[PDB]
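This report refers to the structure that appears directly beneath it.
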Amino acid sequence: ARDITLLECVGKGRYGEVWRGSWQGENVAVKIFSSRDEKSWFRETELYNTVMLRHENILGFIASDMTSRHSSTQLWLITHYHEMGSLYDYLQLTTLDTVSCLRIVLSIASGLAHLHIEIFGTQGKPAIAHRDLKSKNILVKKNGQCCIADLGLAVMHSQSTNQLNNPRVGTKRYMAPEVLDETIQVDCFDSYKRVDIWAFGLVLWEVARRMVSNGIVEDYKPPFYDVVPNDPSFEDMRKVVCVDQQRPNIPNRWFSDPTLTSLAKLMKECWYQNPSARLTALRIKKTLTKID
Ligand SMILES: CN1CCN(CCOc2cc(OC3CCOCC3)c3c(Nc4c(Cl)ccc5c4OCO5)ncnc3c2)CC1
Ligand SMILES: [K+]
């Protein structure tokens, strides 16, 4: 709205940049989109202002603005601020106990389940697949819960219509096997929900590594840290996941802990090569609730 005062830059990449801003006394996060990502800015804006997307575990919308002149375009998305930053940065220095670990993973599954499920009525919403789920697109709150942030690559589906993208978009390190070997049924909306579930299982692994049991804990590592380089190519990922049939390694110490044991069983059922065999977000949520 440019009544915002852009204080400090808290993120910078291909997507654009994210600024901590001040708007009427309160802190806000301002994502400044490139002109090359105009379609992503509008899709994310339209979910927020037309679908009325809102949930305790989804990044809170505040405002969206576009100003465009002949030879100038500025694309702003304004949301609630979260001073703890991404789950990725949060896991770097923090360790977790059983309670705070389950609060992180259950809140993520709660937000993902809310995205996936279609709601009917005048105040309803379509089914939504995220398609770029990863630890850098998840923010941590002060209460220890998380929200899902980046909705630019989302796809929607309403049973009341025949409405239905991008071929190979998303972080390659988090791509599902059916995306890498190109067998994904791009015309079934359920394929994108299952691609989100594969990514969710990778994040489960990232978080559980940082949970202490028996005085032990693992350093933060990204998924497949030990078998691919940084910025891995599409081919590197296809060799590791599709050909070598490799999955993130479960430390043996997890099995001495019954909580890390259940999360381990949850990860495996998100990593099936057969996408139809993978759990749904709703089933993951119910399972995580029983653990408490
Ligand atoms: C240097 N540190 C000092 C303090 N602390 C600040 C908290 O950092 C953020 C960063 C955000 O975005 C980054 C998240 C990781 O990937 C790069 C950007 C925040 C954020 N981002 C955001 C996303 Cl991911 C998606 C849509 C958005 C957004 O803001 C406007 O609309 N939103 C809220 N708070 C953030 C705090 C750590 C850094
Ligand atoms: K809040």
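So for chain A, numbering is the PDB entry's, and the shown residues are 205-368, 372-499, in order. In what follows, every heavy atom counts, from backbone to side chain, and hydrogens, waters and symmetry copies are set aside. Atoms within a ligand are numbered from 1 in the order they appear, just like the ligands themselves.
What sits at ligand 1 is the drug saracatinib. The name UniProt gives to the main binding partner of saracatinib (ligand 1) in this structure is Activin receptor type-1. The residue of chain A annotated as active site in UniProt and closest to saracatinib (ligand 1), together with its heavy-atom distance to 1 Å, is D336, 9 Å. Residue counts put most contacts of chain A with saracatinib (ligand 1) in the UniProt domain Protein kinase. Near saracatinib (ligand 1), within 4.0 Å on a heavy-atom basis, the structure shows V214, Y219, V222, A233, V234, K235, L263, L281, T283, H284, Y285, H286, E287, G289, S290, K340, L343, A353.
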